[PDB]
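Lettering of chains follows the sequences in order, A, B, ..., and the numbering in each one begins at 1. Excluded from the calculations below are hydrogen atoms, water molecules and symmetry mates; all remaining heavy atoms, backbone and side chain alike, are included. If you check the header, you will see the structure was determined by X-ray crystallography, 1.8 Å. All ligand and atom numbering here is 1-based and tracks the order in the structure.
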Amino acid sequence: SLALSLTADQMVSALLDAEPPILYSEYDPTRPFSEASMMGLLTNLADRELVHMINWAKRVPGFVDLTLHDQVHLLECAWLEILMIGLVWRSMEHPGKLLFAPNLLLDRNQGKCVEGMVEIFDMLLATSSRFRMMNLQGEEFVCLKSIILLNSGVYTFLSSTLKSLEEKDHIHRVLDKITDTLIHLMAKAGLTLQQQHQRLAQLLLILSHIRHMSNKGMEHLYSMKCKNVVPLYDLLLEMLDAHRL
Amino acid sequence: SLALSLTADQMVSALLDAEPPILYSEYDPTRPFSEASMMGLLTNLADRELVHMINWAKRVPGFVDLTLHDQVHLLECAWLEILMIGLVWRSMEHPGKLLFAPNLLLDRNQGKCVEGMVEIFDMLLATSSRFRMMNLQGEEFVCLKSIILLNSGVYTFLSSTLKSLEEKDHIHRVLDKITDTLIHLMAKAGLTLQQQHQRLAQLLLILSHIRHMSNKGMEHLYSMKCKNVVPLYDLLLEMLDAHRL
Amino acid sequence: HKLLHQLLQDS
Amino acid sequence: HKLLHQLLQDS
Ligand SMILES: C[C@]12CC[C@@H]3c4ccc(O)cc4CC[C@H]3[C@@H]1CC[C@@H]2O
Ligand SMILES: C[C@]12CC[C@@H]3c4ccc(O)cc4CC[C@H]3[C@@H]1CC[C@@H]2O
């Protein structure tokens with residue numbers, strides 16, 4: 001019943017099965033986009049995705065073995081990085097555009113409807129372009145998203161005794177299993193050992209850019225919140241506030 | 001004369017030879033530390049290190065092959081991550097403390113002298129603890145620091161024609177050589193292929209936390225600047241302003 | 001921190 | 001962006 005006894009194939013199957021439902025943006029919005037209407041659509045979508053993210057995280061091998069306090073910390077840390085990697089993945093087949101949902105495809109100029117948004121859209125578009133150049137596969141994407149969940153908040157727990165040490169060790173062992181899984185997928189695809197290590201490094205280095213985008217996205221959302229332009233649900237509010245606490 | 005024709009041993013030798021001079025903090029400061037005096041010491045040290053960082057970056061294989069505009073972009077992106085990784089490396093042998101310089105060893109409670117500083121000190125201390133648990137070697141540290149320089153700003157250039165594409169490709173090939181170098185060092189240390197891939201992933205995932213700390217450090221420095229508490233040199237001002245531009 | 005902590009505990 | 005651009009160009 002342990003995440004640490006899974007084969008690379010069982011890990012991929014568990015991650016694919018964990019996938020949240022596909023959501024559509026709120027039906028028939030008025031034309032054109034105002035700063036308030038664009039922010040409202042994007043945050044309503046983000047809050048609905050966050051509800052399903054909780055269920056997804058509970059299905060990620062090793063997550064439910066952690067304490068409730070630690071599960072809360074990992075999610076509060078990683079939420080926006082996870083929303084962004086999902087967005088970047090969905091947008092790979094739409095050059096120059098972001099597929100927020102199947103009925104919500106935005107171009108960079110539509111990003112200009114919200115102050116400070118176009119700069120974030122550009123970083124997201126660049127990540128989507130990078131994933132396309134790398135020909136990122138679905139099985140690799142699910143490994144990366146689970147790496148974000150487990151890694152993002154792992155260096156920022158308190159020192160909650162020896163239990164905190166046990167928890168961090170557990171997370172690092174699950175992350176090691178995910179590395180083994182990515183390597184297996186690359187080996188099965190016919191990549192040489194040198195190409196396998198090179199590709200693993202390239203994928204993991206992109207996670208540093210996703211972290212940067214999440215920090216910028218966080219500052220932007222807080223600024224939109226403060227200006228009284230967007231109403232927010234408590235789940236999204238709690239996730240955002242964890243980065244101000 | 002190319003960075004792409006170096007063996008793993010030649011790459012390590014080039015990186016060790018690139019090392020900047022060791023600096024000492026400004027001699028005999030008054031007791032105790034004020035918010036202004038601590039900030040003054042830390043920023044004076046950071047500005048002097050930045051001057052030597054430029055010379056170090058010019059000795060990193062592949063850096064001088066880029067355009068001057070691109071070298072400027074990479075440094076503006078990575079400067080604080082590079083200062084932080086250096087600090088974290090120096091602090092490994094000082095648990096609970098940060099060795100800013102050989103004559104400037106600060107504990108977490110000394111961090112409390114500056115508003116919002118103790119939170120950053122805690123993240124730095126956690127990274128230093130992580131490096132100790134991993135038994136990070138000097139040859140691995142120099143590879144990581146060069147990875148930061150080359151990777152941090154690579155997804156944030158403009159689209160400066162086909163030359164931008166050539167530049168990004170060059171950086172990615174140099175990064176691939178550094179991955180090969182880390183793998184060689186691990187293989188020479190007697191690690192199995194599985195341990196080699198696991199360790200490479202663990203080291204690269206720490207770079208996502210360093211990115212996060214740099215973003216937080218940037219917000220903190222800008223806040224200290226704004227409060228008129230610290231005078232800053234133009235080099236440090238230019239580096240900080242690149243994250244507001 | 002209640003909402004997230006409560007939503008995680010159920011099933 | 002002059003200071004950094006000028007310091008990089010020399011030697
Ligand atoms: C957080 C923001 C609103 C919600 C946006 C969203 C909404 C849904 C989704 O799946 C991904 C993203 C990524 C970027 C987010 C935006 C970045 C800045 C903006 O404030
Ligand atoms: C940038 C800050 C001042 C300069 C500090 C410094 C100064 C010298 C050095 O080698 C590393 C660091 C890391 C953290 C930096 C601090 C983080 C916040 C503070 O504002």
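Choosing among estradiol, adriforant, zidovudine, flurbiprofen, atropine for ligand 1 gives estradiol. Lab note: most contacts to estradiol (ligand 1) come from the chain UniProt lists as Estrogen receptor. Other chains reaching under 4.0 Å from estradiol (ligand 1) with at least one heavy atom: A. In this structure, residues within 4.0 Å of estradiol (ligand 1) (heavy atoms) are A:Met39, A:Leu42, A:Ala46, A:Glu49, A:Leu83, A:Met84, A:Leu87, A:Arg90, A:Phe100, A:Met117, A:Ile120, A:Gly217, A:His220, A:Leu221. Close approach of estradiol (ligand 1) to A:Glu49 (heavy-atom distance below 4.0 Å) involves ligand atoms 8 (C), 9 (C), 10 (O). The UniProt annotation of 17beta-estradiol binding in chain A and a heavy-atom cut-off of 4.0 Å around estradiol (ligand 1) together pick out A:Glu49, A:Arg90, A:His220. Among protein heavy atoms, atom 3 (C) of estradiol (ligand 1) sits closest to A:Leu42 CB, 4.1 Å. Counting the atoms of estradiol (ligand 1) from 1 in the order shown, those under 4.0 Å from a heavy atom of A:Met39 are 20 (O). Other ligands and ions with an atom less than 4.0 Å from estradiol (ligand 1), by number and name: none.
The shortest N or O to N or O distance between A:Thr43 and estradiol (ligand 1) is not below 3.5 Å. The bulk of residues of chain A touching estradiol (ligand 1) reside in UniProt domain NR LBD. Of the protein's non-hydrogen atoms, the one nearest atom 6 (C) of estradiol (ligand 1) is A:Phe100 CE2, 3.7 Å. Regarding atom 20 (O) of estradiol (ligand 1), its nearest protein heavy-atom neighbour is A:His220 ND1, 2.8 Å. Here the heavy atom of the protein found nearest to atom 16 (C) of estradiol (ligand 1) is A:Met117 CE, 4.0 Å. Among protein heavy atoms, atom 15 (C) of estradiol (ligand 1) sits closest to A:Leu80 CD1, 4.1 Å.
The PDB records the biological source of chain A as Homo sapiens. Interface of A:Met84 with estradiol (ligand 1), defined as ligand atoms under 4.0 Å from a residue heavy atom, comprises 13 (C), 14 (C).
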